[PDB]
Each structure stands twice: as C-alpha cells, then as structure tokens.
Amino acid sequence: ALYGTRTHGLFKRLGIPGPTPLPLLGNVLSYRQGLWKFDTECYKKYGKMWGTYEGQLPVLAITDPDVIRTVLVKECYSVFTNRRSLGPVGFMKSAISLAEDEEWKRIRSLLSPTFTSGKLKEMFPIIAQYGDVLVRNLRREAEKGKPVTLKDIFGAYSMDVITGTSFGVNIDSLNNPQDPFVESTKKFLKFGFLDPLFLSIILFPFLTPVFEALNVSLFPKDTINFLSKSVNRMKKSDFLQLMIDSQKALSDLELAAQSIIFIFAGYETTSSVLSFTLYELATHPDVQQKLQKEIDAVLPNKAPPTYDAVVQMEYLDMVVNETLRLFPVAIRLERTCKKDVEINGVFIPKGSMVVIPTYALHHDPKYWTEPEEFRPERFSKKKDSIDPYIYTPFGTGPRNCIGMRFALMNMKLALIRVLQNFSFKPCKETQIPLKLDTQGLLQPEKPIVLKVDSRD
Ligand code: HEM
Ligand SMILES: CCCCCCCCCCCCOCCOCCOCCOCCOCCOCCOCCOCCOCCO
Ligand SMILES: Clc1ccccc1C(c1ccccc1)(c1ccccc1)n1ccnc1
Ligand SMILES: Clc1ccccc1C(c1ccccc1)(c1ccccc1)n1ccnc1
Ligand SMILES: Clc1ccccc1C(c1ccccc1)(c1ccccc1)n1ccnc1
C-alpha cells in the first residue's frame, strides 16, 4: 500500500511550521471547525507562513502582502494560473472556474466583454426591475407583524436576478416554489456542506479519472441536466444572448458550462452577503439611518434608482465593503504551482497549493483597528487606500471574481430598494453576536431574522 507517507515531510524539512498531519487524512480533520476558524487559528500560532496537508497535497499559506502580490498578480500567468486540482466534472471542465492554463485564458477573454462596466450599465434596467418584486415580497412579510427570515427573501431575490439576467425569464421564486427552475437551482445550496465525493478525490486524487470514466460528477447531475437542456431549448428561440452573439469560438458545450456556473456562483453568495449587510444595519441603527439619509438625499421621495445614483453613493459602498471584510463568503484564495517554484526563499514542489487566508487577514488587528467591529468608516475615501492584497473579498489579479462588479451592483440595487421602503431592527429571535457556521460558504449558525417596518 504505497500511499500515505509520501510527502508528509516537506514543510518539516523546509522549516515551515504547521499542524501535525495524520496519515492518509493529512490535516483535513482540522477543517471540521470551518476553514475560517482553522485559518485564523493557524495565523495566530505560526505567523507569516505555515503548511498543512490536504491528504498528501502540500498547502502553503502566506500572509505577507509582497508575497501575495507575487502569487496573485506578478507570477499569475507564469506559475500560479490554476485553482485546485481537476476533479470529476464531466463537460463542466470548460467552466471558467475550472479551466486551466491556455484554456482558461481563452474562456476568460471571451467572457470578459460580458462583465465590463459598460455592459453592466446596459443591463441596469434589467437588474433593477427585480427590485419591485423584492419590495412587494418583503411588504407582505412586514405587514404580517412577524419577523422576516432574510435567507428566504434575499435568496429568492438572488435567484430571480441571476436567472433573469441569464435567460430573460422573470421567475417569481418566492411565489413559485414548485417551478422546475426553482427546485433545480435550489439544490445548489448544498454547496458548502460536507461532500464525501469531493473529499474522496482530495485524499485520493487518483480516483478523479476513475470517476470521470464512470460518468460521476461533482455537480448535481440532475440540476446540470435541467439547466443544460434549458439552455439548449432557448438557443432555438441576457448573459445567454451575449454568449450566443459571440458565437477562439465558444462551443455549445462550453457556453452551456458558463451559463450554469454563473447561476451557481451568483445565487447563494449574493444571498449570503445581502443577509450579512442587513444584519449589520440592524445591529447598528445609526449606520442604517445614515445610509437611509444618503439614499433619500440622492433619490428623493423613493425615486427609482439610476446607474449614476448607485455608483455615486459613497456610504453605501462603505457599508458593502465592510460587510465583505467581516464576511468574505469565499473564506480564502487558493492557487496551484504548475511547476517547481521558489516563493519567499522557500522551494515549493509542483502541484502544491498556496492559500491566501482572506478571512484571517480581514480580522487581523495588525491591519484593522478593532477588527471584529462593523465600522464602515474604514473605507472612507479620505483615509489611506486599503491594501489590495490584505482586503481580498473578490480576490486580486487576472483570476479574480469575474462577476465582482455585477454582484456589487446586484446587491446595492436590492439594498437601496429595501431601505427606501423599510427599516430593519432585531428582535427576540436575533442572534447577537453573529456566530458563523462550519459551511465552506460563509453562513450563520442560526438563520438571520429581523423585524421589518415600513417607513409609511
Ligand atoms: C459578493 C458576492 C461574491 C463574492 C464574495 C465572490 C467571491 C469570489 C472570489 C473570492 C473568487 C476567487 C477569485 C480569486 O481566486 O482570486 C471568485 C471567483 C469567481 N466568481 Fe465570484 N463572488 C461573488 C459573486 C459572483 C457572481 C455574481 C458571479 C457570477 C457572475 C461570480 C462568478 C465568479 C467566477 C466565474 C469566478 C471564477 C473566476 C475565474 O476563475 O476565472 N461571483 N468569486
Ligand atoms: C473507494 C474509496 C472511497 C473513499 C471515500 C472517502 C470518504 C471520506 C470521508 C472522510 C470525511 C472527513 O471529514 C473531515 C473533513 O470535513 C471537513 C468539512 O466538514 C466540515 C463540516 O462537517 C464536519 C464533518 O465532520 C463532522 C460531521 O458533520 C457532518 C455535517 O454535515 C453537514 C450537515 O448538514 C447535513 C448534510 O448536508 C445537507 C445540507 O442541507
Ligand atoms: Cl468542481 C471542482 C473541481 C475541483 C475543485 C473544486 C471544484 C468546485 C466544486 C464545485 C461543486 C462541487 C465540488 C467542488 C470547488 C469547490 C470548493 C471550492 C472551490 C471550487 N468548483 C466550484 C466551481 N468550480 C469548481
Ligand atoms: Cl473539506 C474541504 C477541503 C478543501 C476545500 C474545501 C472543502 C469543503 C469544506 C466545507 C466546510 C468546511 C470545511 C471544508 C468545501 C468548501 C467549500 C465548498 C464546498 C466544500 N468540503 C469538501 C468536501 N466537504 C467539504
Ligand atoms: Cl464561482 C463558483 C461556482 C460554483 C460554486 C462556487 C463558486 C465560488 C465559491 C464561493 C464560495 C465558496 C466557495 C466557492 C468559487 C469557485 C471557484 C473558485 C473560487 C470561488 N464563487 C461563487 C461566486 N464567486 C465565486
């Protein structure tokens, strides 16, 4: 059984500290507390650089901004181009989040004109039309005299926007739970929990070819089929339309992968940050009232938002940027060495992983005074510019979040509407302080519920 004790002497030899890996498992057992908790604990114990093992895969965490800049920007195309080892994914191998090396550079180049600020300005009325249904669905829950579970309200809004901006179909997620789009896309929420299949190829990466050969995918095969068949039937009759017009050619299999992955990526994360932003505005009433004072001063008498009004709301941008500091839903940034590389005078083998602990650097007292406190004033345009390698909620470099500007616009349009019409405050069922759960996509331990009062 030559598999278990092959690489577990690397960091010990290189002089890089870290937790003691168990045979076969590595340090994988330490993840059960959540990657956010494991990363902060390692940061406090070892410092600038530590080393863990996902099975037999060596993982080197780095916290020096000069080193982060080299891995995310300088040597991106040359060493650290790909994110994590390929797993059994089927045709989703052409998804932009999975594509590697030259194939990723090509797919990223084709999709880049779709997510420019110019195309976002053209789609602004499309995104904004989903604010009405959000305010309406939130109005009835407010007049019921009962608390509002934010994940159901903004989860439905996030699915509505991401599907409407992808296919042009105006789903009413909250009022049509039995819709096939809603039930299929709902299964994406299981992402973030324990995945034995994903963990099996982590500990035994040689199983990835076997699973592919047996047509086993890390994605919900039923949901991937519904979306792929839905994408095809629509092409006979938008993110989809922008990708059809672009047809270096984007194949039919590749385009179906990008449509699916954009829905997968935008659904829960947008829903999660939107709930975190409202929790902070409720537990900080003066922060909420000041933000309401800004929206009303720019948009008088509940005026419909325009692009220029949304972009020129500074205090709205500060609140969102601070919610993302406290809760970067993608806890960390990961990269793979496509060759033997020397990082900060340390020789790292090919295929090893480099983790930028975003969450740990976001709560570091060395960079943020009172790091556990929601202070939007950190992102005031008068202070010194925040380090782009310490604050990395969307990552940095050629391979950062391609939908960063879209997600920020999608959330702000929602925040402006709900604040134009409602105020938010806690109640007996609200957890203070907020306890994060162990899920790999940041979620609270108990669902956020807030009292929603209309301003009229
Ligand atoms: C506020 C919500 C969001 C957060 C916090 C977020 C966060 C991230 C992060 C941290 C990465 C990794 C970047 C890196 O490795 O440096 C990423 C990648 C990505 N995100 Fe997002 N994201 C969000 C919303 C979205 C939305 C709405 C979309 C879809 C339009 C999206 C699509 C992607 C894709 C496709 C990638 C992979 C980029 C690539 O590998 O080329 N994300 N996101
Ligand atoms: C032929 C060879 C086959 C090889 C099979 C390999 C199987 C590997 C199994 C080892 C698992 C090791 O687990 C440690 C790593 O876990 C880290 C991530 O998990 C953190 C959260 O869960 C902690 C896991 O350990 C405690 C058990 O808790 C499980 C809770 O799962 C989430 C609960 O939610 C219910 C399930 O999800 C539905 C969500 O709607
Ligand atoms: Cl599909 C995949 C293959 C290899 C590594 C990571 C992923 C990942 C995923 C998605 C669904 C189920 C299991 C793994 C993944 C899992 C955790 C963190 C990042 C990526 N993925 C999501 C988008 N593109 C790839
Ligand atoms: Cl276990 C693991 C290792 C490396 C990357 C991601 C994961 C992940 C996870 C989830 C919750 C707490 C710790 C790690 C994970 C993180 C984000 C999204 C999906 C899975 N996981 C893989 C299989 N089961 C769980
Ligand atoms: Cl892009 C993507 C698609 C499908 C599932 C997950 C993700 C991803 C993510 C988010 C939170 C926790 C783990 C992975 C992700 C996939 C791959 C690499 C980084 C992040 N993501 C959603 C939005 N922006 C990025």
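In what follows, residues are counted from 1 in the order of the sequence shown. Whatever order the structure lists ligands and atoms in, that order sets their numbers, starting from 1. What's counted below: heavy atoms across the whole structure, side chains too, no hydrogens, waters or symmetry copies.
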Q: Select the option from halofuginone, oxyphenbutazone, vonoprazan, clotrimazole that matches the molecule at ligand 3.
A: clotrimazole
(Q) Help me with this one: what macromolecule has the most contacts with clotrimazole (ligand 3), named as in UniProt? (A) Cytochrome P450 3A5
Q. Is any other ligand or ion found less than 4.0 Å from clotrimazole (ligand 3), and which?
A. ligand 4 (clotrimazole), ligand 5 (clotrimazole)
**Q.** Contacts by heavy atom under 4.0 Å between clotrimazole (ligand 3) and UniProt heme-binding residues of chain A
**A.** none
Q: Give the residue list for clotrimazole (ligand 3), heavy-atom cut-off 4.0 Å.
A: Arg84, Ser85, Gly87, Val89, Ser97, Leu98, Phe191, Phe198, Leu218, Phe219
